[PDB]
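Down below is the structure, laid out as structure tokens.
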Amino acid sequence: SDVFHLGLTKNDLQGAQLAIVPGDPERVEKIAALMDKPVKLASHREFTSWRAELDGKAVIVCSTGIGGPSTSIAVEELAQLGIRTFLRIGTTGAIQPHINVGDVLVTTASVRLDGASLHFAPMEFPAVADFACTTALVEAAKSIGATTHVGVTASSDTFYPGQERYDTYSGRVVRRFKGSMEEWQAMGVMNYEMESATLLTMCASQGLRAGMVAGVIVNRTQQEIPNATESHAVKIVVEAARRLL
Amino acid sequence: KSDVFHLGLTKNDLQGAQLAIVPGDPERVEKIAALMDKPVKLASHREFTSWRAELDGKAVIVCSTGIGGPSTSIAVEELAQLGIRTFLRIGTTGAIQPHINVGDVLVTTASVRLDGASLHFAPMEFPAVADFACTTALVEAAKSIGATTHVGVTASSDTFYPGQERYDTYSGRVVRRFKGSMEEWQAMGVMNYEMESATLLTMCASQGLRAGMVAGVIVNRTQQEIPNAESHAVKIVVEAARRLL
Amino acid sequence: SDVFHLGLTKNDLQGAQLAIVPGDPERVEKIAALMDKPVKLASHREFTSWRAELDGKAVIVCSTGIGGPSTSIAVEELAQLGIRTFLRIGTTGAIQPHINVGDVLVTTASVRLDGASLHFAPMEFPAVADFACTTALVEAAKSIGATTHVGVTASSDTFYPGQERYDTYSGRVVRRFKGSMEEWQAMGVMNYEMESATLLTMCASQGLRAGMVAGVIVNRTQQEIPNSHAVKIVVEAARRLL
Amino acid sequence: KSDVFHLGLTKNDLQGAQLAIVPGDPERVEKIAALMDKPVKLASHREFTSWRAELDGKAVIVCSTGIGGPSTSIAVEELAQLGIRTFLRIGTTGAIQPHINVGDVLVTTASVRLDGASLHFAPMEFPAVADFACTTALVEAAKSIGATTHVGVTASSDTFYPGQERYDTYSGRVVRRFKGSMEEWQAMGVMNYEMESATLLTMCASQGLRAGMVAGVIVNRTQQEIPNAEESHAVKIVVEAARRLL
Amino acid sequence: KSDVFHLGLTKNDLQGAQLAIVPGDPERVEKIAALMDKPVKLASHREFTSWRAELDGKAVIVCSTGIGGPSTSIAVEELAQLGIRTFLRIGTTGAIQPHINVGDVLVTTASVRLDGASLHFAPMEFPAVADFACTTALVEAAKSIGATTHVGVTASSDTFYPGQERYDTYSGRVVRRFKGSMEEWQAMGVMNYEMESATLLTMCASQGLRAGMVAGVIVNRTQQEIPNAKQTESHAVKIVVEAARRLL
Amino acid sequence: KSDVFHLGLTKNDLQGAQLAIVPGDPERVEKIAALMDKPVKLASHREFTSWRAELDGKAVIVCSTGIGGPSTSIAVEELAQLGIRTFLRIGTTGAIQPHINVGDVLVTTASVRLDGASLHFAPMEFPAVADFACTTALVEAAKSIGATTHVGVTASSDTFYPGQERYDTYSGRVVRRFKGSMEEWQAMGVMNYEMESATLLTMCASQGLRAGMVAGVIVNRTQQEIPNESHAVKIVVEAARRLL
Ligand SMILES: O=c1[nH]cc(F)c(=O)[nH]1
Ligand SMILES: O=c1[nH]cc(F)c(=O)[nH]1
Ligand SMILES: O=c1[nH]cc(F)c(=O)[nH]1
Ligand SMILES: O=c1[nH]cc(F)c(=O)[nH]1
Ligand SMILES: O=c1[nH]cc(F)c(=O)[nH]1
Ligand SMILES: O=c1[nH]cc(F)c(=O)[nH]1
Ligand SMILES: [K+]
Ligand SMILES: [K+]
Ligand SMILES: [K+]
């Protein structure tokens, strides 16, 4: 195929230039199933991809897996195939008391607690979302009347210590991360996730457009682990996609 | 003699103002306040000249910051003590992309942190990112007046010379860190250089203050190092201030 | 389910204390089928987990996906469930001229060109493999007869720029990693992969045992993109560690 | 019609000047100049106000820098393009050692680099160290007039608030890096805080220029955070030190 | 006179030796050399005292490095210029784990880089890892001698005092970076403190030289700061000599 | 017995001494002490040879530090515990400026911190700066004897080879950080390279102790890589008299 990990060819994209990139492979089909003419493209490792049509235009929906490293592979390979706009949709844990489960978060930029971002730009470069993409996400949110918050997100290379979880095997957190939640909290950070800094950084420094939207599944001021609906963040990412085609 | 050590202002002076406009040049403070209703000179200490004015019935502050993040940080901190919650910076800048022309207006989504003052509010991992309401209000203001606008990332440097990789200087040398840097910022899509935005955006975004950033291009570095001897920016910032009140 | 991502209970493990952790979830069944009574436990996201028996004890085979981040999840949730020893098996790109495709590499310690490792120990801490696991892997390779190389591995958060590939959309590599492959080469580094730094660091810093073995699928002194002995080795090493 | 972009000055304006005295406050420039012979205003742009004067026959410049290392780097760079080789900074400062009183004079031998601009001239490992000749001139001037003097290390901060660990602020918080920091600089024997020295000293030491630094104490941080409302030994000392550095 | 600037040795002096044992203390060089055949004193300049001996028909060098990465880096480099390819460090150490006793033997797999010299050879991301053959020979040597042995990670510090979080000092102060650090290394499973291995291991691992590190514990930090002037064992010495047989 | 773990000295051995001259070479200690009154050998353990002597009726210590910051930090700490408050370092150095000649004397105002030990006393932002009274003494002493002197910044390196960008070495490689660095220090007016000043200067300046540093130039790196006098010794002893 045309790309090493994804197993896709330029032919599979049929002219698509926008991709919606969830973290979970099993969500790919459900997102594509909201659009016209969904067709499965390929399934390798953590990269599941579908093609669909939105207003007569081809759109790609491809999973990135968990974390910057695999995310960077999806974005890079999708870029080689002609994608220029990436809309990530994920799940997220909120760290502000006024943000509720079910709420929708739109990320203007990300605190860079990852490692892959640095493979694209030095630390001082901002992991900032594209203005057109963020606008579109914001305006989509309003059109469906979702409770939406816009601002900064913390993007961690780990789910546990980097998000200062203590309910773990070691029950311990390295110095850099000890007390860090309350720090990000005092600094207005809205939430924690694991892909945004890689996605936003590599795209802002390579001429690609990226936006990030997330559904709040747990509030960290209350508990550490989410319980066993996200549909809002999905309807919003598809509707923003339309405005960007 | 007042409520704040450097600005020489009292809370009574602001008369309930909650948004300030912050130029670099003390001289330009009067020119900007005069574009609004009931301009009243308040104080002038060191490089901190401040006027009060009125915009659609509500009090607004205009206050110069001087050159660079340290005096900018003084002025934002003291104005915030006096009740200011939204700051809009208007400035001049050197463009580093060929397609950007002298006279064009740049709106900054976020900045590369090539300064030190920002580090005094948030660690380097934190994004020097503009508020989304301010950025939107600038962009929509620039459209209302029909100015050539570019929206993106700005390199924000603690120096005018080596930090912007100028070689026509006394030493004629540039420290390793910055040698080759302008070409790198160019490849990453950075639009321009200036000296106050990293400090401004970081301190605001990490403390719950809203901040935007707009600038007029006075030189293009692809052509020359030093700008020529010589209004869009000012109109836009006043107009955005109106939309934000 | 007692853990958030893996969908596993302690009951599923039947007392297992050792896991073999490959990157590719489609490789978990093959590895498991080399052992006895292979059973499919769970499969969520990139985490596909099988249980089998070896040396008359329960063993876990569980995929981590690509990169430190999803690796740190698997290792932490398996640890919570009883796993004390982790045997990494992956694929890798060699950067030394004398290392051919089909060779087997055992990592003693890794260059930390990753981020997740810092969520466990500051950069000064070595990303070093456990000495028992490393021995068990090297002796297993001397018995299988494979061509083996032992040493330092460069563990990257990216497949492309971090490994100094230029045939990419941007064709660009950030200042940090520009010229970096020849640097590692000159420092004796054997190969590139993407998970070892995180695994080694989080394990060596929390009283867990880990080791790492990989089969070479490309040699970078020849090309950027690549056109079963490591599997037998990793299974035999686990046999010894039980 | 100038030779430099910010200061609005020509090399002819300096009339052979090779030593500059550099206060922070534009308004203090005339007053310092008048303490010497032939005081004449040169230019005034933004925070850079510049007067020429004469000291024992030799032309001298007095030029403000504004607050902070960024505007200091500019003024120093453009002055050096116009011929200045020696820079004497005169400022105000907040002491953090108990035995140092308001009204005392401080001569900096080197600064803690808590700024950003110094890094545009040298990496962190390089010392923001003052020139030995300037430092000697300042010390011997202070002793000649019998001013209470302290000689040693200064912490130079890119901010007035969080960097000098002030909590009486809008946010009321200080970032991890600076939390507990004032107590540390105290234990380390640091005399005081100010905002320009690290940049000035680093850029001059690494570019073959001579720099000296003397400051008046206007508040003691063991007593209070903000200096009160309100002899002149510091300014007297810098002009006296300049006579020896000519 | 000589071929190298500090050691005062010529290639001829080494008699074709390829392996060196490198203790810290000059006064220990003779003792270790005396354990082998035909001990001969080569040179003694500054803190570099070097003997040559014969182990199993092969020439071997014993050379003291002094305290710290800097002088260690000098010895190793000049010994390398003279043909030495394998380096075995033997020293004393202070344990930070409760279960490690005075007189116990420690074999370092890799080290925490709390030094400066290693950065002159390799960026911090690079592991200060011992050679796998050297480590193996040392562990097997320890088995044969029946020594109480622990294998693991060592913290290698540029100072004796603040870097190893000692407070009974002139200042009684430890800078923020090292404050609370001992207990952090303890929780990360680090066995001990010493002052040379990070530099030794790193400059060797990154320049195609083999190195291994063994040390005898002379104090336990969970008990006291300064070692008593005892349960001391010269096992380490025996271990390194026997390991040298395996590496020859 | 001993009060200090490495030096093997008790406070009784110092007899009130509060100043020490500290060379790198153990072998040099006796020759330096023999320039003063009533020289007596105190102890010699590993690389720390210590002598006591009198200068104008006052006891002074001469103690070797060995090569590098780590052992220097030991000798300084332990002497400090024994009552030493002022340290005068005398060393040898390689000049990196073409105008500085072999045999010239260098006085260090401050050091570029290319070591590791200095960081165990203060963060990197802190200046490795000499004490002004010691520097004044050294400079006026050098003026007193009539030696060719340069005053300024020194580069203090944790290695002799790569940190000082020497390429004639086993691997003939220099890691990225130090590649091109000598030319950089040269352009920043750095005078010279040695290996102990950053540590001695930072630990003394952050702990209320006085330190000065003077060095004799034995090689000029613009001319050659490896070196192939006595003025710095005169100066550090003469300066010792002024600090007493
Ligand atoms: O990285 C995260 N993803 C989802 C979550 F709910 C969370 O808390 N953290
Ligand atoms: O900081 C800057 N301000 C204005 C300019 F024109 C420029 O190039 N740089
Ligand atoms: O991380 C990597 N995995 C597989 C490879 F072939 C390679 O070169 N790098
Ligand atoms: O930067 C400062 N200048 C003057 C002062 F009094 C102070 O405390 N800080
Ligand atoms: O570096 C050290 N060597 C020996 C010891 F006993 C100790 O505690 N630290
Ligand atoms: O550290 C050094 N000491 C002495 C020298 F001659 C030299 O070049 N470098
Ligand atoms: K200013
Ligand atoms: K993954
Ligand atoms: K030594």
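In what follows, every chain begins at residue 1, and chains take the letters A, B, ... in the order their sequences are listed. Structure method, as recorded: X-ray crystallography, 2.2 Å. Read the numbers this way: they start at 1 and go in the same order the structure lists the ligands and their atoms.
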message = Mind checking something for me? Which chain has more close contacts with ligand 3 than the rest, going by UniProt?
response = Uridine phosphorylase
Options acetylsalicylic acid, metronidazole, fluorouracil, tavaborole for ligand 3 = fluorouracil
ask   = Which other chains have a heavy atom within 4.0 Å (strictly less) of fluorouracil (ligand 3)?
value = C
ask   = Which atoms of fluorouracil (ligand 3) are found less than 4.0 Å from any heavy atom of C:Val218?
value = 6 (F), 8 (O)
inquiry  = Return the closest protein heavy atom for atom 5 (C) of fluorouracil (ligand 3) as residue, atom name and distance.
reply    = C:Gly93 N, 3.4 Å
query = So which protein heavy atom does atom 1 (O) of fluorouracil (ligand 3) come closest to, and at what separation?
reply = C:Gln163 NE2, 2.8 Å
ask   = Quick one: which fluorouracil (ligand 3) atoms are inside 4.0 Å of a heavy atom on C:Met194?
value = 1 (O)
C:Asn191, portion touching fluorouracil (ligand 3) at heavy-atom distance under 4.0 Å = neither
ask   = Who's the nearest protein heavy-atom neighbour of atom 8 (O) of fluorouracil (ligand 3), and how far?
value = C:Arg165 NH2, 3.1 Å
query = Among protein heavy atoms, which lies nearest atom 3 (N) of fluorouracil (ligand 3), and at what distance?
reply = C:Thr91 O, 3.9 Å
ask   = Which residues form the binding site of fluorouracil (ligand 3) (heavy atoms under 4.0 Å)?
value = C:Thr91, C:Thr92, C:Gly93, C:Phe159, C:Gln163, C:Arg165, C:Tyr192, C:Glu193, C:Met194, C:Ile217, C:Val218
